[PDB]
> 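Handing you a structure now.
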Amino acid sequence: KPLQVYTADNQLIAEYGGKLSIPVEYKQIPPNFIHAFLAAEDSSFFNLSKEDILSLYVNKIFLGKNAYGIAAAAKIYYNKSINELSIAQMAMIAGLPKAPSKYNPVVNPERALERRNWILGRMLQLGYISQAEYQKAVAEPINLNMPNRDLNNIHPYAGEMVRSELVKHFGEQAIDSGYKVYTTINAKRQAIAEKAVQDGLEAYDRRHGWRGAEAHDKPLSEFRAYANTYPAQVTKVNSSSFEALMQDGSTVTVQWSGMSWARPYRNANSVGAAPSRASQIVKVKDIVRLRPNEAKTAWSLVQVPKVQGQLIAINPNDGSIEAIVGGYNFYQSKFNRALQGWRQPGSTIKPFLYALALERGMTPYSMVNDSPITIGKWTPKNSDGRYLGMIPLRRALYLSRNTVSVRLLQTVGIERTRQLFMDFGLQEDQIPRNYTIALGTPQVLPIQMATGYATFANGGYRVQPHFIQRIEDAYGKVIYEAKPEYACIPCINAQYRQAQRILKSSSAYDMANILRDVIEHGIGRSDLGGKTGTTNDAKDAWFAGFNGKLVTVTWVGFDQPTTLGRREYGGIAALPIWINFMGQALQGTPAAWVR
Amino acid sequence: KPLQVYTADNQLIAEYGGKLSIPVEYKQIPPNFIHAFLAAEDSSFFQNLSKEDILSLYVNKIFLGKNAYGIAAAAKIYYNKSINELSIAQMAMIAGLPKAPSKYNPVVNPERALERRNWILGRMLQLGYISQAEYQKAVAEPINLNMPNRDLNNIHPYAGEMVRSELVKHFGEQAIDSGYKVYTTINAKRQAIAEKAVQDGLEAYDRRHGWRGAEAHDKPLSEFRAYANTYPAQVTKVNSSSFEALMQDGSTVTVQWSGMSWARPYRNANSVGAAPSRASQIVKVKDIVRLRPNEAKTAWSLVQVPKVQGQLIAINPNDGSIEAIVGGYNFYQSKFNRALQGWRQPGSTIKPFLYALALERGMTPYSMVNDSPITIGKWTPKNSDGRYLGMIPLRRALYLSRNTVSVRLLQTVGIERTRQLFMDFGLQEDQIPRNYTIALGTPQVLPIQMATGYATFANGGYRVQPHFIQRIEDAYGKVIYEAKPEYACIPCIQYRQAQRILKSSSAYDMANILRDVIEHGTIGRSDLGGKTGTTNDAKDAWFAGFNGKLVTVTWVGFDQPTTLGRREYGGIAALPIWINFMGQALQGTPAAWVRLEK
Ligand SMILES: *C(=O)[C@H]([C@@H](C)O)[C@H]1CC(SCCNC=N)=C(C(=O)O)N1
Ligand SMILES: *C(=O)[C@H]([C@@H](C)O)[C@H]1CC(SCCNC=N)=C(C(=O)O)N1
């Protein structure tokens with residue numbers, strides 16, 4: 001009866017176990033277990049009387065860690081049936097009822113063993129166990145063999161998105177429901193996004209160079225495989241090749257072509273010279289990451305990036321989350337950068353403020369002033385330190401001119417913009433009450449940016465991102481069906497709630513065409529528009545783009561902001577991920593621009 | 001549907017409420033409450049449209065802390081309200097709980113609870129769910145907890161608590177949530193008698209030992225509880241012959257000289273000071289005192305909550321049914337149950353067991369025994385009075401509690417046979433040493449075990465098990481447990497035969513020795529047997545006694561082993577409680593004595 005997660009293509013991707021109860025008939029209980037409970041307590045005034053009353057609770061008793069009853073405890077703690085438990089394990093379970101958190105083997109192992117051994121000592125005294133049984137049982141370690149009750153190995157960020165969001169809003173009882181959650185996640189598009197982010201971050205990583213082995217003279221057993229990287233121990237180093245021991249005991253050779261890319265990393269802005277020998281890259285006893293080819297006939301030295309990234313893709317008509325990638329790989333941590341990654345948008349915020357200039361009567365052709373500006377003490381300068389004078393609004397956006405954005409902010413007013421940013425999705429207490437908000441200094445989430453860019457793809461409507469299509473109970477009854485706010489109700493036909501208009505149709509179409517011009521003046525599609533973003537000191541690289549059927553926002557940055565390096569702008573780091581995802585997601589679909 | 005506790009006459013004495021859920025129709029929900037849940041988190045991705053639709057699925061299930069599952073259970077548990085009676089602030093408070101019911105709990109962390117609630121109220125304002133007028137009112141509003149008590153145990157507190165604590169001790173908190181109906185062996189008439197006998201008995205000792213001063217001085221009056229017909233008061237004015245005191249209801253009373261003239265100061269366990277002549281000698285302003293009213297009211301008197309403790313345990317000798325149980329002076333003073341958990345030395349109350357084993361080996365109440373000095377290795381046991389009686393009958397040695405005779409009998413019987421019998425009534429091997437001191441009543445015992453022991457004399461040599469549950473009924477009235485005890489005599493009541501641990505003649509001869517000790521060595525009844533006990537330096541006062549239908553054990557002493565005083569003995573401290581109880585418990589019952597069989 002777990003919480004089951006499906007993709008929009010009816011594939012089960014995840015299963016989340018809640019409170020567990022596995023009832024057993026009383027005659028199925030090994031004698032030593034009942035004895036371990038009979039000996040858990042000093043005295044009973046209900047010794048054969050406790051036996052009759054134990055029979056009424058043996059299946060309901062809270063045994064910590066979502067375990068209700070003896071069988072669920074055997075399963076949760078040891079992955080064993082009640083038959084498989086040892087004297088020591090039976091006494092460990094028998095000691096938990098009194099205080100399952102104070103006596104828990106997971107949180108208090110010391111306190112737990114004190115309790116277990118005493119019960120064993122009291123089992124010995126009662127004649128329940130032999131002296132030999134007691135001697136082994138007391139000497140036995142914790143032996144916890146806790147199975148994973150969170151099956152999430154297909155599209156990890158999609159599965160976790162469901163679990164984590166349910167738990168945040170409805171608490172842990174949300175899992176205990178046994179519901180089937182049918183998401184808006186497209187499994188093909190999700191598989192594409194996962195591969196694209198992985199490739200994008202590795203491309204960035206390799207050009208920034210080899211940072212050395214992740215560990216030296218440490219046990220290989222202590223490392224784990226992920227993102228098609230396999231831990232290995234270097235055993236032999238040759239002039240052009242090295243030998244490594246895999247986690248299965250097999251010895252592999254990595255030839256020159258497999259490691260030659262390994263120029264040493266110096267900093268974000270510097271790599272050393274191409275390596276002239278294998279000895280400059282690896283040491284014997286080093287823990288490296290290898291990747292095989294499809295045939296497994298050749299191996300290469302690979303590297304997990306230190307840089308991070310994310311992708312979020314939504315339908316601009318209804319806000320359906322089609323694909324979501326929260327980091328390089330889910331094994332690293334459960335942290336989802338699309339939903340929780342607060343970062344500065346920089347220039348990706350500019351189309352929002354320029355669309356507000358269009359609301360006021362300006363056209364993409366209207367002349368704007370790119371001349372020096374000073375407000376109070378602050379002198380907003382341009383990233384190139386140049387001033388272009390009278391230029392068209394569209395050129396000013398394309399070139400991301402800070403003085404123009406600052407001047408546009410005064411002409412349109414701060415509150416009017418803050419309100420629009422709030423309309424676009426953005427958080428009220430995250431949007432400052434100053435002029436820096438024309439530069440993309442407020443913190444945003446990639447999902448908010450996707451939501452805001454949808455206003456351009458949909459004709460000026462505010463959509464709300466959503467991941468649930470429908471929910472069923474365990475019996476098959478549909479208990480929830482998504483009723484999103486639609487930008488275009490007749491577009492579903494190719495139904496009920498109409499989304500609110502946040503921009504004039506003409507402002508949205510004008511902005512969409514500027515972004516299309518911005519994309520075409522750098523794949524084989526004429527229905528895409530997009531905007532790059534780079535924060536100060538290249539701490540962030542963004543790409544926010546779309547067609548009329550899909551909005552995609554990509555981001556690249558370090559979790560602890562450090563520069564990505566000069567040369568690492570939006571169009572260089574984030575855009576290739578977007579291009580790779582968009583090109584494959586929109587492959588063999590007609591042109592879909594704005595209505 | 002709570003855990004229900006019943007007396008043997010099918011009357012409800014306790015209700016223990018566990019996990020609570022009061023489901024509601026979604027239309028019955030105030031919109032402001034739904035809005036509070038919408039303002040609880042910054043971002044919803046299921047402007048909070050879809051969360052409102054999904055909320056309905058979880059609204060009656062969400063764990064809200066303190067056994068509350070769903071909104072209505074939370075409104076009841078925290079505020080003793082229905083959802084439609086909650087203020088905007090209280091709605092914001094509950095909506096703050098789902099994320100971390102223990103990190104935001106108003107009981108556990110009131111500052112984190114307040115911070116979270118105000119954030120939610122702030123968001124309700126920003127989102128336009130509440131007007132600034134509503135917001136300003138709501139943030140200034142305090143926590144205002146009004147938590148009802150869901151553990152109802154105000155009739156026979158030690159009886160109700162026995163069930164709750166014992167079910168939790170063996171089965172954990174799931175035992176309370178079961179909703180089972182526990183039909184106990186407790187006799188309500190007798191339980192009521194037991195409570196008063198212990199209270200009267202302890203107040204009698206306490207008084208003889210003098211006024212030890214107010215329980216507190218310059219401490220908040222709201223931190224004290226009324227119990228055992230004693231009400232905490234704050235002394236506000238001290239006159240020459242009287243004193244004024246502030247009661248918890250907010251009223252002020254006057255206690256005249258009559259109600260405080262008794263207050264002789266406690267000097268030590270053996271000394272009481274000079275009778276007071278003025279109020280200042282007894283009380284000071286800001287003192288926290290205990291007062292007692294009357295049958296109606298009119299007059300209040302200065303009373304004293306005893307430092308000394310006691311207990312009473314009454315069991316049926318045929319099947320071990322627990323009829324009456326008092327764990328201390330008052331359960332509201334101490335939750336601790338001394339009958340079940342109070343390990344103490346029995347002293348002379350263990351002697352009848354040893355003397356019964358000597359009768360088992362062929363001696364009679366008349367066999368001559370030597371009360372004379374003895375040395376067992378490096379140990380010389382002495383008689384408490386430092387007197388030696390020479391050659392005397394066994395029964396005189398038992399009545400007078402001759403340690404030297406006890407030691408000689410232990411040599412005749414053997415330590416092992418003695419230890420085996422001690423164990424036959426719940427005594428742990430670990431709790432009984434393999435030495436000659438066991439004859440002097442040195443092992444630590446529980447009153448419940450001594451009661452079980454004395455039932456061997458009352459029943460004719462059989463081993464019975466103390467039991468407090470007759471049957472268990474599920475929430476839907478089905479009998480899910482029926483007690484199957486071991487009966488000493490089956491025709492006497494209907495299946496299990498109890499194991500004989502003592503020869504019929506030994507049990508019967510001991511019973512008559514105990515009857516003699518009670519009729520000539522100290523109630524209008526002749527079917528009674530019993531033995532007093534007084535440990536060294538009077539650290540314990542005991543009285544174990546019976547008739548053929550009821551075995552009662554009473555104990556008096558300080559929880560921290562301290563002398564009851566030179567002059568205090570079992571016969572003076574524990575025996576009067578036993579008397580008061582037995583006389584009243586056995587009223588209108590025909591004579592009931594022990595049966596002999598060859
Ligand atoms: C927007 O992202 C910023 C803006 C906040 O200053 C500018 C900077 C760049 S990159 C050009 C760097 N200057 C070279 N001398 C962009 C961009 O779109 O990435 N816009
Ligand atoms: C039993 O409790 C003890 C025995 C084990 O020593 C004796 C002592 C007394 S009191 C007699 C006065 N002694 C001091 N001079 C009793 C008793 O039961 O009261 N039995």
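All chains are named by letter (A, B, ...) in the order of the sequence lines, taking the proteins before the strands, and each is independently numbered beginning at 1. These numbers come from the heavy atoms of this one structure, side chains and all, not from hydrogens, waters or symmetry mates. One-based numbering, in listed order, for ligands and for the atoms of each.
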> What is the name of the drug located at ligand 2?
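It's recorded as imipenem (open form).
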> Which protein or nucleic acid chain has the most heavy atoms near imipenem (open form, ligand 2), under its name in the PDB entry?
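Main partner, per contacts: Penicillin-binding protein 1a.
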> Using a heavy-atom cut-off of 4.0 Å, list the other chains contacting imipenem (open form, ligand 2).
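Other chains, by heavy atom: B.
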> Can you report which non-hydrogen protein atom sits closest to atom 10 (S) of imipenem (open form, ligand 2), along with the distance?
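That would be B:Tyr569 CD2, 3.6 Å.
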> Of the listed options (B:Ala541, B:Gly347, B:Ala573, B:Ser348), which comes nearest to atom 4 (C) of imipenem (open form, ligand 2) when hydrogens are ignored and any heavy atom counts?
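The residue whose heavy atom sits nearest atom 4 (C) of imipenem (open form, ligand 2) is B:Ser348.
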> B:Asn403 heavy atoms, cut-off 4.0 Å: which imipenem (open form, ligand 2) atoms fall inside?
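What qualifies from imipenem (open form, ligand 2) is 4 (C), 5 (C), 6 (O).
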> Could you list the atoms of imipenem (open form, ligand 2) found under 4.0 angstrom from a heavy atom of B:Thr532?
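Close to B:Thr532: 18 (O).
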> Out of all atoms in imipenem (open form, ligand 2), which are within 4.0 Å of some heavy atom of B:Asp385? Include the element for each.
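Those qualifying, in numeric order: 15 (N).
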> Give me the residue, atom name and distance of the protein heavy atom closest to atom 16 (C) of imipenem (open form, ligand 2).
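Nearest protein contact, heavy atoms only, for atom 16 (C) of imipenem (open form, ligand 2) is B:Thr534 OG1, 4.0 Å.
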> Which residue, and which atom on it, receives the covalent bond from imipenem (open form, ligand 2)?
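As deposited, the covalent bond from imipenem (open form, ligand 2) reaches B:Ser348 OG.
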> Should the proximity of B:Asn383 to imipenem (open form, ligand 2), defined as any heavy atom under 4.0 Å, be assigned to the side chain, the backbone, both, or neither?
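No part of B:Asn383 comes within reach of imipenem (open form, ligand 2).
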> Could you check atom 13 (N) of imipenem (open form, ligand 2) against the protein and tell me its nearest heavy-atom contact, residue, atom and distance included?
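The protein heavy atom lying closest is B:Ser384 CB, 3.7 Å.
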> Which atoms from imipenem (open form, ligand 2) have a heavy atom of B:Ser401 less than 4.0 Å away?
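Per the distance check, 7 (C), 20 (N).
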> Please list, in number order, the atoms of imipenem (open form, ligand 2) under 4.0 Å from a heavy atom of B:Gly533.
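Near B:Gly533, the atoms of imipenem (open form, ligand 2) are 2 (O), 18 (O).
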> Hey, which atoms in imipenem (open form, ligand 2) end up nearer than 4.0 Å to a heavy atom of B:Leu440?
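Matching atoms, with element in brackets: 5 (C).
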> Which neighbouring residues and nucleotides define the binding site of imipenem (open form, ligand 2) at 4.0 Å (non-hydrogen atoms)?
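Heavy-atom contacts: B:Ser348, B:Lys351, B:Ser384, B:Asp385, B:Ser401, B:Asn403, B:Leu440, B:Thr532, B:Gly533, B:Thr534, B:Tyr569.
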> What are the distances between nitrogen or oxygen atoms of imipenem (open form, ligand 2) and protein nitrogen or oxygen atoms, counting only those under 3.5 Å?
from	atom 1	to	atom 2	distance (Å)
imipenem (open form, ligand 2)	2 (O)	B:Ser348	N	3.0
imipenem (open form, ligand 2)	2 (O)	B:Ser348	OG	2.5
imipenem (open form, ligand 2)	2 (O)	B:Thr534	N	2.8
imipenem (open form, ligand 2)	2 (O)	B:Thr534	O	2.9
imipenem (open form, ligand 2)	6 (O)	B:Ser384	OG	3.3
imipenem (open form, ligand 2)	6 (O)	B:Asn403	OD1	3.4
imipenem (open form, ligand 2)	6 (O)	B:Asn403	ND2	3.3
imipenem (open form, ligand 2)	18 (O)	B:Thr532	OG1	3.2
imipenem (open form, ligand 2)	19 (O)	B:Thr534	OG1	2.7
imipenem (open form, ligand 2)	20 (N)	B:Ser348	OG	3.1

